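Presented below is an entry in which one can find KPT-8602 (bound form).
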Amino acid sequence: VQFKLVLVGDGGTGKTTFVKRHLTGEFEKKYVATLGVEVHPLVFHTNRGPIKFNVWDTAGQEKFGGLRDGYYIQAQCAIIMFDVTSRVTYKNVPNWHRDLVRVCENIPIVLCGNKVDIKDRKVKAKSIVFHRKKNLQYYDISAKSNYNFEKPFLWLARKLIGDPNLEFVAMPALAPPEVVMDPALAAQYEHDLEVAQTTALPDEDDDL
Amino acid sequence: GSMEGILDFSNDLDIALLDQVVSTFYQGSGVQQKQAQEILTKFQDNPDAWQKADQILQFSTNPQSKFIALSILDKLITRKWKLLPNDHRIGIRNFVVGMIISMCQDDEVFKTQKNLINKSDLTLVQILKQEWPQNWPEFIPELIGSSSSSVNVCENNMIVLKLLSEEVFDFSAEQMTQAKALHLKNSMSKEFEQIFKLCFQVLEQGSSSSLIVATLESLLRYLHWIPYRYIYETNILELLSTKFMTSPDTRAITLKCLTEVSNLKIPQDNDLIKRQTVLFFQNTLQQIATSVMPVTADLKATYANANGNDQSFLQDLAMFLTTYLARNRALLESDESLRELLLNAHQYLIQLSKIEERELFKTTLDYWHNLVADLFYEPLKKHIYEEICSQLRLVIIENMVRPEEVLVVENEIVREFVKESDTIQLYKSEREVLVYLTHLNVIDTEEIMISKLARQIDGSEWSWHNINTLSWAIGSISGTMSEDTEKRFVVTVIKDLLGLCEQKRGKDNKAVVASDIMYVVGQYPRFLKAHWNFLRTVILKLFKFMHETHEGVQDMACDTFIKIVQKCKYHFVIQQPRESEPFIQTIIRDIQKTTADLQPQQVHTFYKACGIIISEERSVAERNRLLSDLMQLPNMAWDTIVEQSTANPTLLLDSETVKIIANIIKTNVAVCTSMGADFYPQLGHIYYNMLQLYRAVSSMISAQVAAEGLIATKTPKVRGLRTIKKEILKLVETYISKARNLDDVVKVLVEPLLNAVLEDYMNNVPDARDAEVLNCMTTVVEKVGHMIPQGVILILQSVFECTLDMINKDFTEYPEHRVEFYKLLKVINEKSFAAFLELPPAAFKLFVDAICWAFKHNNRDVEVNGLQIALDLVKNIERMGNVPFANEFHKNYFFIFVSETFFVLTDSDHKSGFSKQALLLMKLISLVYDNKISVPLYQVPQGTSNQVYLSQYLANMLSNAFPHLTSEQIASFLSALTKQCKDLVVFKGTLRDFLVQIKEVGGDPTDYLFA
Amino acid sequence: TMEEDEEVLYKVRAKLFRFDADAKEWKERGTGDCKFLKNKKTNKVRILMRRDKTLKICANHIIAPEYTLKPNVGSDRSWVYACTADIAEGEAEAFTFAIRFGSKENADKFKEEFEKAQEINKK
Ligand SMILES: Nc1nc2c(ncn2[C@@H]2O[C@H](COP(=O)(O)OP(=O)(O)NP(=O)(O)O)[C@@H](O)[C@H]2O)c(=O)[nH]1
Ligand SMILES: NC(=O)[C@@H](Cn1cnc(-c2cc(C(F)(F)F)cc(C(F)(F)F)c2)n1)c1cncnc1
Ligand SMILES: [Mg+2]
């Protein structure tokens, strides 16, 4: 039960950061432009079973676009991403959408305005209307604060499985093993731990 | 493995190997997929890969391989077409056309290879953009003719026409020059009469749904631009509004077509076109009522069930009804025979408005706002919609979203974490419509709300949801009733809300009803101002909630307190009848008791609200005495902490002492924020010792960095010491930005401030410099910069070069210093430009470097200020007239700014600043073409006008930077650009035309004659 | 769900990090409720932590008695400690974890409960 998901949008809108947050839980502060596409499997546990997304995280920068719309072939859903602090990225939403639906003529698509955590918002809520005539779902999201970060996948899973009451469910938690530390390298995890002890945790001013 | 073999072009291309790489990429996974992806990208990017395109389309068995082959042709067609020899151009055309014909006539390929045919159609459209109609004026006739030979060809011709219409009318603005866009638009317009014939015939004929849907899909595009007569002077509206609404295969696209038809503004004087606009709406609503759903249907449930395409149809219906009615409902409001149609359409909207779908609700709510605003002004209209509006009052009251102020939520009634701004705008919109609806019938609104309330008391409809949505609605209509009706109304609501608190007495219960009462009372200040006895009770009750163990109620009580104070402050400074003292006196006297259980941030909000009250007292003597009374606790803690810090200056090692100091300063910041210029007496009380403390904590930070390393800046101890410095800077910045006595600022504050902050900033290591120093200095320069010329120089010397060195190695490090840096240079450039004139020539060059460095940022904060500094600098220099410094400025830097501006204009990485970049370039060019540079810009024959040299310089610059341009393109471009340097709009269009042309070969130089 | 045979000895909101020794940086692993679960049958206490909205497991391992909570140089409200067998991502991997809380009082209470659990597992 796996579905191909293509993720598109201007460079710097947070596509790769968003996927990575869902893959590992991390928040990557650095901007390393995606080169062509990166494919990652992503599974969610639902009350209707596991659903697996094959996430094709494509490049937004033109000079790194690779196969461009060639990535969209046989996609079964998509996310279009823009940045609410960059008006130009919303103005390009119709261009990404055009190139996407010319290949994928009838798929569920979510429009996501990312980076709502930033105080100085530029793409006002009231001006975000492109989705209405195109039957896209829309969400404000923040990969940095996790605001609505699950809603694009929850909606897509509901449309793909065909069950509007589908919900995410807690994965079962197997008993963890009882392993004793290794005395052969016990004198070694003094080093790996010292390094970790003296490397400051990020974002110490956050509520958590 | 050996997948890379296909990247070698010495031999012939192994098609089977290619297909394996493609399948490995699409159908594979893991490392093989990743490697195949890189290989395919390299293959696609090879400037000769297009020569392999036709043999991939001939001999390949993989449709994806052929897709990638067409992407290779597309790149060639859109960027390098006119560099091909003419024979290669006809070969590519003939091959693409033949492949399309071949795929259509094979009924099996036409069914299963839809993507590959769509991609080929698009590729053909790219050839049309280059070749049609000047080198192919029979394409449309042959396309029309060939539509009869086959049904598959006729259907695919509609796809091609759809894509052509999109490329010419919908997506040409950014992709073509003005001249070429106009050429293709006129070319389609000239041949549309024939296209419409084929389209209308197919629709009337009526083969099967496949060809009909494709024809309607193309019609949807045409409606964006075609003349009105093709829609109203034919029978096509009857077909759209009847025939094609019945079959669900064509209903979706037809509704989108009728929505586009609706949105035009009709010739508002012809009765026939009006009757036709009425008729297709009447037909459409009848087809919905009989074939889809009657007006009574439960659209909320249908949407929730989400069968088939129901959700998309209901969305499209909402768009159709709102679009048409906003434009044309007046056509239905006078003729009594149309009243049912009008109200039925609005009844469908009422039903659509009950769907659970935020974005769809916003679409309908937008329409309701349009309606009620019109009924608020237009004579004799609101009675038509009485029953509609009554139903709408219920819909909005029962679906109010949680306002910002309500900090309690269920997940178990707990406390908010985040700011729901997707919900902020929604609430504002719901409030706007509900306020209008209340004005339209205040009796009906009160009766709905009071009755709903009466059924909460009874527990007949009690629930979190029902009391909450009702309470928020009640709060949101504040101001719609007359003071007298509001009086009686609020009394009733409060009385009934109090009774409800006693009844639902759990801890979650009491927190829900407490938040609702706080919201309501906070929303009716006019009522509070007139009932002092009640106001006093409310405030005392909020003070009691400040000791609530429930953190949500407690936090909300502090916010409601300051929210009420902002509106009712005057009633806290005067002595009320029956009162022994102004209530501000009572608040201050018990402030330690009231705030004892509050977190520090909440204590500061309390103090800030007291500052709002105190600033209402205009007797200076009495105000200052209130100020010193309010600050009694922090000033005593301050006096203690500074006597114990001067003697043995080591007690600041104590983390508990550092926390105490920061909270004292934060309290001063809070009170200064609300009192502004009135804060000065309190600031004077601590100012000297506060700057001494600034110096002492600075020495501690430096000492810790030296003893522990840079990592010390991450420690809780050093972060707490820097908080002290940042808050001190914030306090001084806050006061100076509101100060009304600038003489005291200059003579008392500025000099000790600069002595305390500048050298410390300059002589700390980069990771220990506080970007708040820059922010503070920006406010100093902004407010008194004109009075401290030598202090501005001192600011530059201390922060300019060392900050520049922090931010001129990449675009990412020290992001806050970056932003504050250019805000500081900006204000200095516009208010104390003389400080840059005294700079040494080497430092003024760093200044120019710094400005151009800002240009190249993508961070909008830095980029915008960089472009503004450049423009203000040019103005500053122009204002000096013909003097040595201005003349040396142009000689040294004019062409640096022109070339740096051109670079960011053309590199495709700084699109967001186009407007400001164009403005800067137009200014620079206009300087030369107004002979406002009184010195030759060159080092070329003598007597040459600067205009001639600028054209030579720019032609050579563009020739070397864009060598694929012809000399004539560059010359035409510059000619148009220089002639237009007084007309920003046309100038910008010419720059946009240039940015198109540099992306292809063979651009027509006459395109620059468009204006 | 595989947790109803267990009692909740302690629950606190936290943010969990994992040290990427190669990149020399901490990386967030998840934010949510950190629970101490005592198995009713074996009396063995474990840490179980789930992400807020996806409810995905980001920590699952015994609170071994050989572990020791250490401070991080940048925080007075976090603990660092080495874990040898965590099955949140499937195969029992070894991790250097850091867990941060909303306040120093939460971090201290966590250490108290973490050490009590170690005694219980010492049986
Ligand atoms: N403040 C904030 N920053 C975010 C957020 N999401 C992503 N970013 C930041 O945006 C920048 C771009 O990161 P990235 O995820 O790679 O964007 P992208 O669209 O995948 N780039 P490309 O399309 O070129 O491959 C990063 O610095 C990242 O930290 C967010 O939600 N909030
Ligand atoms: N009987 C009560 O006081 C109940 C009901 N109740 C709750 N809040 C109030 C309540 C709340 C306010 C407030 F807006 F300021 F917050 C004002 C008043 C009033 F009118 F007395 F001026 C009463 N009354 C209670 C429930 N939960 C916490 N505290 C009290
Ligand atoms: Mg990316």
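Letters A, B, ... mirror the listed sequences (proteins, then strands); counts begin at 1. Technique stated in the header: X-ray crystallography, 2.2 Å. Side chains are part of it too, since the values below use all heavy atoms of this structure and drop only hydrogens, waters and symmetry mates. As the structure lists them, so they are numbered: ligands from 1, and atoms in each ligand from 1.
All instances of KPT-8602 (bound form) together account for ligand 2.
Structurally, the greatest contact with KPT-8602 (bound form) is made by what the PDB entry calls Exportin-1. Other chains with one or more heavy atoms under 4.0 Å from any atom of KPT-8602 (bound form): B.
Within 4.0 Å of KPT-8602 (bound form) on heavy-atom distance sit the residues B/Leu498, B/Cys501, B/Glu502, B/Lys510, B/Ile517, B/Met518, B/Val521, B/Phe534, B/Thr537, B/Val538, B/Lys541, B/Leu542, B/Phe545.
Using a 4.0 Å cut-off to heavy atoms of B/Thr537, the atoms of KPT-8602 (bound form) that qualify are 22 (F). Of all protein heavy atoms, the one closest to atom 7 (C) of KPT-8602 (bound form) is B/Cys501 SG, 3.5 Å.
Closest to atom 24 (N) of KPT-8602 (bound form), if we only count protein heavy atoms, is B/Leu498 CD2, 3.7 Å.
Residue B/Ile517 has at least one heavy-atom neighbour below 4.0 Å for each of these atoms of KPT-8602 (bound form): 8 (N), 9 (C), 11 (C), 12 (C), 14 (F), 24 (N).
Taking every heavy atom of B/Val521 and a limit of under 4.0 angstrom, the matching atoms of KPT-8602 (bound form) come to 14 (F). Atoms of KPT-8602 (bound form) lying under 4.0 Å from any heavy atom of B/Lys541, numbered from 1 in the order shown and given with element: 10 (C), 11 (C), 12 (C), 17 (C), 18 (C), 23 (C). When only non-hydrogen protein atoms are considered, atom 29 (N) of KPT-8602 (bound form) lies nearest to B/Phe545 CE2, 3.0 Å.
Ranking the protein heavy atoms by distance from atom 16 (F) of KPT-8602 (bound form) puts B/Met518 CG, 3.1 Å first.
For KPT-8602 (bound form), the atoms lying closer than 4.0 Å to a non-hydrogen atom of B/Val538 are 15 (F), 22 (F).
Interface atoms of KPT-8602 (bound form) facing B/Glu502, defined by a heavy-atom separation under 4.0 Å, are 1 (N). The protein heavy-atom contact nearest to atom 27 (N) of KPT-8602 (bound form) is B/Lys510 CB, 3.1 Å.
Protein heavy atom nearest atom 20 (F) of KPT-8602 (bound form), with residue, atom name and distance: B/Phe534 CE1, 3.5 Å. In this structure, atom 3 (O) of KPT-8602 (bound form) is not in close contact with the protein, since no protein heavy atom lies within 4.0 Å of it.
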